[PDB]
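A structure with oseltamivir carboxylate.
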Protein chains: 4
Amino acid sequence: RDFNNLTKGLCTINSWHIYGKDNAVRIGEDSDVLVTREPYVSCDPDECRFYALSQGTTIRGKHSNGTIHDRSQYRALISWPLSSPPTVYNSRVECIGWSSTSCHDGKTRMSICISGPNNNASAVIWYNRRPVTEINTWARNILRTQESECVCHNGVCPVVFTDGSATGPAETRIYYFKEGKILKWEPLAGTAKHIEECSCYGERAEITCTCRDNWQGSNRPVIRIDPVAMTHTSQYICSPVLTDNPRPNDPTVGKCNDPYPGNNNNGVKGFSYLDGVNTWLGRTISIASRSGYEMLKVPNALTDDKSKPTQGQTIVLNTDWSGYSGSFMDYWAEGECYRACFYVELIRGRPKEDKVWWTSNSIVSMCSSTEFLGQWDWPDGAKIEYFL
Amino acid sequence: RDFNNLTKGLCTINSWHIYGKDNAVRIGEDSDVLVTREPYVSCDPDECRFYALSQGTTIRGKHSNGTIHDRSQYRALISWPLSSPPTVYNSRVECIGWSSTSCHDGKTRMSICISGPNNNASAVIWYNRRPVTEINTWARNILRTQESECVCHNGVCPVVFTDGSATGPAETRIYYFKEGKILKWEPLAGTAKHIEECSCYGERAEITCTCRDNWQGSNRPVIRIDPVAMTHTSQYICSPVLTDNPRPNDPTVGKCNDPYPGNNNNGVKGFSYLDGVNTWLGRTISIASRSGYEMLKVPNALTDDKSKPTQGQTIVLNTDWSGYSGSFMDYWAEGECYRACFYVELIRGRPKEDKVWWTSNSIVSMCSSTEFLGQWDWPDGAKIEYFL
Amino acid sequence: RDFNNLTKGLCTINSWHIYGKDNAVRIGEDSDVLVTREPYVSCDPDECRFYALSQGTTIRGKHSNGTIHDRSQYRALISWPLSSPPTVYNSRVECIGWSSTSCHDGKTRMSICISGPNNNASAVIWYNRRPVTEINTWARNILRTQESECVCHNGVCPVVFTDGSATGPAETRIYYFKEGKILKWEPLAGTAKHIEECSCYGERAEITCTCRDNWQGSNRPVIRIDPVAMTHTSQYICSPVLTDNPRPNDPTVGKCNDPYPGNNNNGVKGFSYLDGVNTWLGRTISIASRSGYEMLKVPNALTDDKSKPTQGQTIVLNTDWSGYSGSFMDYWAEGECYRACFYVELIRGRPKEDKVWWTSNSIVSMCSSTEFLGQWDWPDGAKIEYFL
Amino acid sequence: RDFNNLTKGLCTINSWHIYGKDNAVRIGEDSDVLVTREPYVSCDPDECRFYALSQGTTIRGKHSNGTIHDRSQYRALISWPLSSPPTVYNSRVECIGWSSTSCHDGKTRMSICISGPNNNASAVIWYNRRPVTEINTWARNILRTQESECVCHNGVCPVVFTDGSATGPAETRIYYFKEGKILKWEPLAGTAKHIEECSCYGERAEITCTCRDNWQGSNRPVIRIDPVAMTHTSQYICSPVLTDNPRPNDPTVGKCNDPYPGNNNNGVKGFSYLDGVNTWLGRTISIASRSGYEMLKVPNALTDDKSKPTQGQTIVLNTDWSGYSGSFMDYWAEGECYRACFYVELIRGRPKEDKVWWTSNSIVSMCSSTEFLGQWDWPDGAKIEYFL
Ligand SMILES: *[C@@H]1O[C@H](CO)[C@@H](O[C@@H]2O[C@H](CO)[C@@H](O[C@@H]3O[C@H](CO[C@H]4O[C@H](CO)[C@@H](O)[C@H](O)[C@@H]4O)[C@@H](O)[C@H](O[C@H]4O[C@H](CO)[C@@H](O)[C@H](O)[C@@H]4O[C@H]4O[C@H](CO)[C@@H](O)[C@H](O)[C@@H]4O[C@H]4O[C@H](CO)[C@@H](O)[C@H](O)[C@@H]4O)[C@@H]3O)[C@H](O)[C@H]2NC(C)=O)[C@H](O)[C@H]1NC(C)=O
Ligand SMILES: *[C@@H]1O[C@H](CO)[C@@H](O[C@@H]2O[C@H](CO)[C@@H](O[C@@H]3O[C@H](CO[C@H]4O[C@H](CO)[C@@H](O)[C@H](O)[C@@H]4O)[C@@H](O)[C@H](O[C@H]4O[C@H](CO)[C@@H](O)[C@H](O)[C@@H]4O[C@H]4O[C@H](CO)[C@@H](O)[C@H](O)[C@@H]4O[C@H]4O[C@H](CO)[C@@H](O)[C@H](O)[C@@H]4O)[C@@H]3O)[C@H](O)[C@H]2NC(C)=O)[C@H](O)[C@H]1NC(C)=O
Ligand SMILES: *[C@@H]1O[C@H](CO)[C@@H](O[C@@H]2O[C@H](CO)[C@@H](O[C@@H]3O[C@H](CO[C@H]4O[C@H](CO)[C@@H](O)[C@H](O)[C@@H]4O)[C@@H](O)[C@H](O[C@H]4O[C@H](CO)[C@@H](O)[C@H](O)[C@@H]4O[C@H]4O[C@H](CO)[C@@H](O)[C@H](O)[C@@H]4O[C@H]4O[C@H](CO)[C@@H](O)[C@H](O)[C@@H]4O)[C@@H]3O)[C@H](O)[C@H]2NC(C)=O)[C@H](O)[C@H]1NC(C)=O
Ligand SMILES: *[C@@H]1O[C@H](CO)[C@@H](O[C@@H]2O[C@H](CO)[C@@H](O[C@@H]3O[C@H](CO[C@H]4O[C@H](CO)[C@@H](O)[C@H](O)[C@@H]4O)[C@@H](O)[C@H](O[C@H]4O[C@H](CO)[C@@H](O)[C@H](O)[C@@H]4O[C@H]4O[C@H](CO)[C@@H](O)[C@H](O)[C@@H]4O[C@H]4O[C@H](CO)[C@@H](O)[C@H](O)[C@@H]4O)[C@@H]3O)[C@H](O)[C@H]2NC(C)=O)[C@H](O)[C@H]1NC(C)=O
Ligand SMILES: *[C@@H]1O[C@H](CO)[C@@H](O[C@@H]2O[C@H](CO)[C@@H](O)[C@H](O)[C@H]2NC(C)=O)[C@H](O)[C@H]1NC(C)=O
Ligand SMILES: *[C@@H]1O[C@H](CO)[C@@H](O[C@@H]2O[C@H](CO)[C@@H](O)[C@H](O)[C@H]2NC(C)=O)[C@H](O)[C@H]1NC(C)=O
Ligand SMILES: CCC(CC)O[C@@H]1C=C(C(=O)O)C[C@H](N)[C@H]1NC(C)=O
Ligand SMILES: CCC(CC)O[C@@H]1C=C(C(=O)O)C[C@H](N)[C@H]1NC(C)=O
Ligand SMILES: CCC(CC)O[C@@H]1C=C(C(=O)O)C[C@H](N)[C@H]1NC(C)=O
Ligand SMILES: CCC(CC)O[C@@H]1C=C(C(=O)O)C[C@H](N)[C@H]1NC(C)=O
Ligand SMILES: *[C@@H]1O[C@H](CO)[C@@H](O)[C@H](O)[C@H]1NC(C)=O
Ligand SMILES: [Ca+2]
Ligand SMILES: [Ca+2]
Ligand SMILES: [Ca+2]
Ligand SMILES: [Ca+2]
Ligand SMILES: [Ca+2]
C-alpha cells in the first residue's frame, strides 16, 4: 500500500514469550528437510516467515557430507512458513548466494544475495522478486552482509556490508536502497573498529544495528542509522556485560569506543535492543563456545560503561548448542508500539558434533511481553545418535 | 466481515453422518506424517480444518520414540486441510505449546498455546496470526486449556483454563477475549467441583461446555456461558448414563450437583449437546479404557437425574481404540440451524499398544443429520504389526 | 457467477488428442502416492482436476496389502491437479466414502460420497464444501452411484443411484439436486433392465448417460435426462458394436430395448457420445478382460441396430491393462461447442497382476479434435517387477 | 490485462549475474525429484518459473532406468517455482508430450506439447490452460519444436517447428498464433539450411531466434521474425566464433549464409543475443562434447564474418557437464530496457556418466548486468558416486 514508516517506539520488555520454533533437525531425521545455517525471521504486512541459507541438499541426503563449509555454488536464500521446517517442498528461493539480507518496505520485499569466489563476489539486489541492482566486490575479499533482516523507513532500506579481512581493518559500507536501487552509500564512520553481520531493528525513525567485531572486540559494535538524512554513527555497547562469543569474563567496567580486548579473530552474530532502561542484551551463556543463550536487562547498556543486569531470562541451557541470533519485529502488527523479537540459531553437527559429517540448525524465536512470564529453555531437541 | 453471532438453535439430531477422517496412522506408515494427539476440528467462514498438538517428529522417524509424553518444547498447535493427514509439508503451525484452543470470531481467528515447565507455564493468545496477549501461570501447576475449539459471539470468545492439581480442587478461570485482548475473567462458580478440557458449542447466544472432572466425577461437569453478560454457571449432567472414562457402571439415578463417585483421578476429554429432547451424549463403550465410542440420545440429560437413552449410534467398536472427543460446528453454513458435529481421537501406540515406542492418533468426525441414517463403525485402521 | 446452462452442442469429433496423464503407478514406485481406483475428471469454471477413490494408504506402504477390496472405512473421494499423481501431500479430500460423483454447477461444486456397510449405507451430498443433504439406503444393498462426474443445467444436477442386487433387477433412482438439496427423484423408467455406474455429459439442455447393465447386457444402457422437466427415458445402444466387458463377439444386429445376451453378472464402467453421425463409442479391445481400449465412430449407434464403425482410434494396446472409462467436458471453455472428453482407468495390480498384493491405477484422458490426428497408445507404464 | 508489446530494446550487457539454480540432482539424491531434460525458463506478468520435460519418474525411482530415451508416453511439460527442484509435489503439468514450447502473451499463457510415435505425432496448443488447437504431423518424422520459450507481441506468439529428417533437409514452419488459434503459418525461408530447437527473444517489435543446424552447420542459424507483418528471414551467425557443439576449431572468417562445415548430423540447443556491439554468444567450452559453458561478447557477430570476442564470462568449467541453453527475459520487469537472460541445462547421467542408468539435469540461469561483475562457475554439484 504505502511505505511503512517507523512511527512507534518499542513496547516495554518485561519478559519474552515463545514465538516460533521449527524443530527442523528433529523432523528432518525422517523427512525432506534442507540443511541450512545463517537463519533469521522477517515479516511482510500479511505474514511472518523463517529465512536461511540452504546448502542445496537434505540432512539425510549424502550431499549433507561437507556442509560445514560456508560458500558454495549450491547455497541460496530460502524462506518458508513460520515454524515449519525448511523442506524441499515448502521452501521458496529468494535468490542465489552464500550471504544475504531481506526486508519488506511496506509495498514489497527487497532480498539481497551475494555469491562468487572469495576475490570476485557480487551482490544482487532483488525487489518485488525481480533482480534490479548489482554491486561488485570492492575489496576483493568475501563481500558479505547482515545474515538477518534489514529495516525500511519511507521506502529507504539501509543495509550494512563488509568487504576485506575478517581479522583486521576492513571496508564496511552502509547502502541506502529504495525500490532496489541505490540512493546512496557511505563508508563506516564512528568508533567501531570492525563490523560483521549486523542485526537491526527500527523505532521512531531510527535504525539500530548491533554487529560483530570479529577482529578485536568482545563487546558489540553498534551502528545507528538515520534513514531520512541517510547518515549514521558507530560505537560499542559501553556495558561490561560482554556479549560476543568467545569472550573474556565480564569486567566491572566496559568500553564505549574501543573493542574490549581478550579475544581476537572470532565472534558470533548477535543482537540487542538499546532503549534506555528498556535495554535487553542477548548472549551465549558459555564464554568459550556457542553454547546456551540468555537475555539480560541491562538498563542503559549502550551508554553506561558500568551497567550490569537487573533482570534476565534463559532461552537455551548452557548444556545445549546455540549459534547466531538476530533481531526482527512485525512492523505491521496492531497496537501502539513495536514488539521486539529475536531468533537463535541452534546449530547441530559440525564442528562440535563431529560424529555426523553435516552441519545444520533449527530455529527458535521469542518476542517481548509486558507481562513477567515464567521461563522455559528451548533446545534443538534432536538426538545425534539417531543420525549415525 | 462482521463478528459472527450465535443466532440459530441446533438442528434436530436424528442420526450422525460421516464428516471427515484422515486415516493418519495408516498413511503415515509410509509417508511424512507428524506424530500428534489432542486433535480437534474448527471452521473459518470459508474452510473447516483439522487441528492437533504435533510432537515435532514423524511417526516413522526415530524421534517418535517417547511421544507418549505430554509436554515438551517440541510440540506445537498445527492445522491442516480437512481429512488430510498432518504431514510435515501441509501442516500449518498456529503457535508453540503443549495445550491449546482456537476459534474464528467471524473476522479472524484466535489461537491460544500454553508452554513452559510445570511450575512456570504461560499462555500466549494469537489473533490474526500475531501474538497479542500473554497470561502467566496463576497456580504454578500446569496451566492448561480446552484442547478443542472455543466459541465466539459478537467478538467475545470465552475460553476455560485450569491451573493447579488434576486430582484435587484447582483454579479454573473463564476468560472473555475480544480481538485477542482480555475483556474480563472470572473464577469458576457453580457446583462443578473440578474442570478439565472443556468441549464447547454455541446456540442462541449461549455457549455450552461439557468438561472433564478429573478428580472425582464420572458424570461430566457442564459450564454454560453468557458471552454478552460475560457470566456463567456450572453443574453436572444429571443423567445416570455416565459419560467419563474410566467409570463405574451406570446407576438408575445420576447426580446434578456433585460428582458421581466410583473413580478418582482420571478421565477423558468428552462432550455432549444439551438441548432438551434433542440431547445426545458421547462416551467410550468400555467403562474401563479408551475403547470404542458411541452416541446416545438421552432426552433432557442435563436436568433429568433418571434420563436414559431413547436412541443411539455406535461410532467406534469396543474392539477398537478411541480417545478424546469434542464439539465444533460450522457457524458459517447455510440454513436455519447449527448442525452439531464432533470428532473422536483414535489413539494408537502407547500405552495400550506398547510394541511400538510412540503414541499418536488419527481423527474421525461426524455431524448430525435430520434423517435416520444407517450406522457404520470407523476405526483408525492401521496394523501395528506393520510398524514393528 | 451464474448457473451454467448446456447451451452448446458437441464439437465434431474427427479424432482424439492427449489431454492428461498422471503416470501415478510409475511415479508412486518411489514417492508418496495414494492407492486409488474409480477415477474420473471434472472441471470447475477455472480449473480441471483428476478425482478418485483413495484407499487411505500409499502404494509402497504396507497397508497397500489388500486394496483389491472395494468398500472400507479408509476410502475417500479426493481430487488433485490435472496430470499430477494423487499424492498424500497434494490430494484434497472432497468427502468420505467408497462410491461417489461430483460436478460444478457454475457457482460451486456438489460432491456426493456414499459409505456404510452393505445393508446400511447412506449418501451425503456436499455443496460448496459443506454437508447439506443425506439419503439413507432404500434397498439395503450397497447404495452406489456414478463413479464419474454428474452434469448440471441452470442449477439442476441429476445423479443416478442404484440400490439392491448387482446381478438381478435393482432399484435405480434419478435424483435432481439444486444447491445440494433434493428437488425431486424418480424411479428408473424405460427399457434399460439394470443400471450401474452411469457416465454422463450434457449438450443443448439434454443430459446423456451411458451406463453398465451388470445383470444381462453386453450392450450399454442409456439414460437421457431432461434437467428442466426433470424427467428421463432409458434404452440400450442399438448398435451390434458391443461395448461392455466381458462380452460376446459382435453380432451383425444389436438390440435397442433389451440387453444383448451372452454374459451375465459382470461388466465395466464405460461411456459414449451419442450424437447422430458424430457418434463415438469407447470399449476395451479384449472381449474377455479389461485389456486395451479403443474409440470407434459408429454413426447413429443409439438408434441404428445395424450400425458398424466408420473410423476409429486405439487408446491403449490390447497388451496393456485398462479398466473404467467415463465422460466429462469442460463446460467453461471458449468456443461455440462442447469438446467431448473421456478418461480411461489403467488398473495395475490385483487381480490380473497378483505378484503384488495391491490394486491401484493411473489415469489417461483425451478430448476430441476436429483435425484427423495421428494416434499413439497410452499405457500405464509401470514395471510390476520393480514393486516386488 | 493487455497484450504485452515488445516496446523496449535490450539493456547493455556488461556481465551476467546469477538468477536461478535449482541444484535438482543434488537434492534429488534424497527427495522426490522428477527426472527431466530439455529445461527452460519463462515468465508470467507476476512470476517467473522453471520448465522442463519430465520423464514421469523420480531420479531414485527404479523407473529412472532408461531415461536417456527422448520420446515416451510418460513425458510431460511441467513448470515449478523458480530455483526449486522439479519435485513430484510442486510440479505443475502444462501438457503431455516429448517436445514443447510456452510463452505468456500478457493476458495468459500458451503452452504447446507434441506427442505421438515418430510417424504420427501431433501438437496440441493450450491457451489459458485449456486445449484450443491441434496440428498433425506434416512430414511424418518426429514433429518437434523449440524446447524453450516463445515470444509474443500484441497477442501474436510465433513458434518454430520442424518435421522430417534431422540429418538432411527438413520441413520447418513458423506458426503465428493468437489466443491459441492459428493466424497464419509460413515455410522457412532465407539461407538457413536446417532448423532445430530455436531459442528466441524479442525487442523493439522484432523476435530473434538462434537455432540449431543439426545437419551441416557448426555456426548457428538465425531466424528473425516480424510478428506484426507475420513474416521472417533466416541466415547464420557470420562470426568465426563457432557456437554449436560438437564443432571444428574456430576459423578466422565465418559464413553468413551457409553452414560452416566440419561436423555433420549433430549439435546442441543454444542461443545468442544479437544486438550490434551489445552482442553476446553462448557456447560449450569443449568443441567435442557438452562440457563447460561460456558467454563471449562478439560485437556484430550476426553480420561480421570476422568478428572475434572482446570480453567474456565463464559460466561452467570445461571440467563440468553442460547441455542445452536458451533465452528468456522478464518482459514484465520495471525499467526502460529488457534484461537479457539465459539458462544452461546441466546434464548428469547417461551417456557420459554411465555408471548410473538414468539421464537427468539441473538448471542454472543468469541475466545481464550493466555492471562488470566478477565471475564464478556454476556446476550441477552432484556426486554420481552417491547414486551408485
Ligand atoms: C519462573 O519464571 C521466572 C521468570 O523468568 C523466574 O525468575 C527469574 O529468575 C531468573 C533466574 O534467577 C532471573 O534471572 C537473573 O536475574 C538477575 C538479576 O536479578 C537480580 O539482581 C537484580 C539487580 O540487583 C535484583 O533486582 C533482583 O532482584 C535480583 O536480585 C541476573 O543478574 C542473572 O544473570 C546473571 O546470572 C546468570 C546465572 O543465573 C548468568 O548466566 C548471567 O550471565 C548473569 O551473571 C553473570 O554476568 C554478571 C554480569 O557481568 C556477573 O556479575 C556474574 O558473575 C555472571 O558472570 C559470569 O557468568 C557469565 C555468563 O556465563 C560470564 O560471561 C562471566 O564472565 C562470568 O563467568 C539472571 O538473569 C530473572 O530476572 C527472574 N525473572 C523475574 C521476572 O523475576 C523464576 O525463577 C521461575 N520460577 C521457578 C520456580 O523456577
Ligand atoms: C442400520 O442402522 C440403524 C441406525 O443406526 C440401526 O438401528 C439402530 O440400532 C441401534 C443398535 O440397536 C440403536 O441403538 C440402541 O438404541 C437403544 C435405545 O433404543 C431402544 O430403547 C428405546 C427406549 O425404550 C426404544 O424406543 C427403542 O424403540 C429401542 O427399543 C439404546 O438404549 C442402546 O444403547 C444401549 O445399548 C448399547 C448396546 O447396544 C450400549 O453400548 C449402550 O451404552 C446402551 O446400554 C447401556 O447403557 C444403558 C443406560 O445406562 C444401560 O441400561 C444398559 O444396561 C447398558 O449399560 C451397560 O453398557 C454401558 C456401555 O458399555 C456401561 O457403561 C454400563 O455400565 C453397562 O455395562 C443403543 O444405542 C439405534 O437407536 C437404532 N437406530 C435407529 C434409527 O433405529 C440398524 O440396526 C442398522 N441395521 C442393521 C441391519 O444392522
Ligand atoms: C496415423 O494415425 C492415423 C489416425 O489414427 C491412422 O489411421 C487410422 O487407422 C486406424 C487403424 O487402421 C483406423 O481405425 C480403424 O477404422 C476402421 C473403420 O475404417 C474402415 O472402414 C470404413 C468403413 O467402411 C471405411 O470408410 C474406411 O475407409 C476404412 O476402410 C474400423 O472398422 C477399425 O475397427 C475395427 O478393427 C479394429 C482392429 O483394427 C478392432 O479392434 C475394432 O474393434 C474394429 O473391428 C472389430 O469390430 C468390428 C465391428 O463389430 C468387427 O467387424 C470386426 O470383425 C472386429 O470385431 C472383432 O474385434 C472386436 C474387438 O476386439 C471384438 O469385440 C469382436 O467380437 C471381434 O472379435 C479401426 O478402428 C482409423 O479410422 C484411421 N484413422 C484415420 C483418420 O484414418 C494411421 O494408420 C496412422 N499411420 C500409421 C503409419 O500408422
Ligand atoms: C574477476 O571477474 C572478472 C570478470 O569476469 C574477470 O575478468 C574477466 O576475465 C575473463 C577471463 O580472462 C575475460 O574473458 C576473456 O576475454 C577475452 C577478450 O578480452 C581480451 O581481448 C580483448 C580484445 O582484444 C581485449 O580488449 C581485452 O582487453 C582482453 O585482452 C576473450 O577473448 C576470452 O575468450 C577466449 O579465451 C577463452 C579462454 O580464456 C576461451 O575459452 C574462449 O573460447 C576464447 O578463446 C577461444 O576462441 C577464440 C575466438 O575464436 C580463439 O581466438 C582462441 O584461440 C580460443 O579458441 C580455442 O578455444 C575455443 C573454446 O575452447 C575453441 O572453440 C577454438 O576452436 C579454440 O580451440 C575470455 O572470454 C573477461 O572479459 C574479463 N572480464 C572483465 C570485465 O574484465 C577477472 O579475471 C576475475 N578476477 C580474478 C582475480 O580471477
Ligand atoms: C452481530 O452483532 C453485531 C451487533 O451487536 C453487529 O454489529 C453491527 O454491525 C453493523 C455493520 O457492521 C454496524 O453498523 C453496527 O454498529 C455493528 N455493531 C454493534 C456492535 O452495534 C454485527 O454486524 C452482527 N454480525 C453479523 C454477521 O450480522
Ligand atoms: C442460465 O439460465 C438462467 C435463466 O434460466 C439465467 O438466470 C438469470 O440470470 C440473471 C442474472 O443472473 C437474473 O437476473 C435472472 O432472473 C436469472 N434467472 C432465472 C432463473 O430467470 C442464468 O444467468 C444463465 N446462466 C448463464 C451463465 O448465463
Ligand atoms: C567470511 C567472514 C564472515 C564473518 C566473520 O564469516 C562468517 C562466519 C561464520 C561463523 O562464524 O559461523 C559463518 C558465515 N557463514 C561466514 N560468512 C561467510 C560469508 O562465509
Ligand atoms: C496435566 C493435566 C491434564 C488434565 C487431566 O492432563 C492431560 C491428560 C491427558 C490424557 O488423559 O490423555 C493428555 C493431555 N496431554 C494432558 N494435558 C497436559 C497439559 O499435559
Ligand atoms: C457393488 C456393485 C458395483 C457395480 C457392479 O460394483 C463395483 C464393481 C467394480 C468393478 O467391477 O471393478 C468396482 C466398484 N468399486 C464396485 N462398487 C462398489 C460400490 O463396491
Ligand atoms: C529428434 C530430433 C531432435 C533435434 C535434433 O532431437 C533432439 C536431440 C536431443 C539431444 O541432442 O540431446 C534431445 C531431444 N530430446 C531430441 N528431440 C526429440 C523430439 O526427441
Ligand atoms: C498380505 O496379506 C495376506 C493376507 O492377509 C498375507 O498372507 C500376505 O502375506 C500379505 N502380503 C504381504 C507382502 O504383506
Ligand atoms: Ca569478537
Ligand atoms: Ca473423572
Ligand atoms: Ca521417503
Ligand atoms: Ca454387462
Ligand atoms: Ca550442427
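Numbered from 1 within each chain, the chains take letters A, B, ... in sequence-line order. Start at 1 and go down the list; that is how both ligands and their atoms are numbered. Determined via X-ray crystallography, 1.8 Å. Note that these values count all heavy atoms, side chains included, but never hydrogens, waters or copies made by symmetry.
Mapped onto the model, all copies of oseltamivir carboxylate cover ligands 7, 8, 9 and 10. In the deposited model, most contacts to oseltamivir carboxylate (ligand 8) involve the chain that UniProt calls Neuraminidase.
Other chains within heavy-atom reach of oseltamivir carboxylate (ligand 8), distance under 4.0 Å: B. Inclusion of B:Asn214 in the set of residues having an N or O under 3.5 Å from an N or O of oseltamivir carboxylate (ligand 8) is not warranted. In this structure, atom 11 (O) of oseltamivir carboxylate (ligand 8) has protein heavy atoms in its sub-4.0 angstrom surroundings.
The Ca(2+)-binding residues of chain B named by UniProt that have a heavy atom under 4.0 Å from oseltamivir carboxylate (ligand 8) are zero in number.
The substrate-binding residues of chain B named by UniProt that have a heavy atom under 4.0 Å from oseltamivir carboxylate (ligand 8) are exactly: B:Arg37, B:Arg71, B:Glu196, B:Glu197, B:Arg212, B:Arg290. Contact between B:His69 and oseltamivir carboxylate (ligand 8) is absent, with no heavy atom of the residue lying under 4.0 Å from the ligand. Within the 4.0 Å heavy-atom cutoff, B:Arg212 counts among the residues contacting oseltamivir carboxylate (ligand 8). Annotation for oseltamivir carboxylate (ligand 8): atoms under 4.0 Å from non-hydrogen atoms of B:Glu197 are 7 (C). Of the listed options B:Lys269, B:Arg37, B:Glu38, B:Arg144, B:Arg144 places a heavy atom closest to atom 3 (C) of oseltamivir carboxylate (ligand 8). For atom 9 (C) of oseltamivir carboxylate (ligand 8), the nearest protein heavy atom (residue, atom name, distance) is B:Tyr324 OH, 2.9 Å. Each of the following atoms of oseltamivir carboxylate (ligand 8) lies closer than 4.0 Å to a heavy atom of B:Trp98: 19 (C). Close approach to B:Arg290 involves these atoms of oseltamivir carboxylate (ligand 8), each under 4.0 Å from a residue heavy atom: 10 (C), 11 (O), 12 (O). Residue contacts with oseltamivir carboxylate (ligand 8): B:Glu196 is placed with no nitrogen or oxygen under 3.5 Å of a nitrogen or oxygen of the ligand (distance criterion only).
By number and name, no other ligands or ions lie nearer than 4.0 Å to oseltamivir carboxylate (ligand 8). Atom 6 (O) of oseltamivir carboxylate (ligand 8) is not flagged as protein-proximal [any protein heavy atom, distance under 4.0 Å]. Against a heavy-atom cut-off of under 4.0 Å, B:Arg71 is close to the following atoms of oseltamivir carboxylate (ligand 8): 1 (C), 18 (C), 20 (O). Between B:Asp70 and oseltamivir carboxylate (ligand 8), at least one pair of N/O atoms sits closer than 3.5 Å. Residue contacts with oseltamivir carboxylate (ligand 8), taken as heavy atom pairs separated by less than 4.0 Å, do not involve B:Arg75 at all. With a non-hydrogen cut-off of 4.0 Å, the residues around oseltamivir carboxylate (ligand 8) amount to B:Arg37, B:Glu38, B:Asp70, B:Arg71, B:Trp98, B:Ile142, B:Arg144, B:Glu196, B:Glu197, B:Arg212, B:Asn214, B:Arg290, B:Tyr324.
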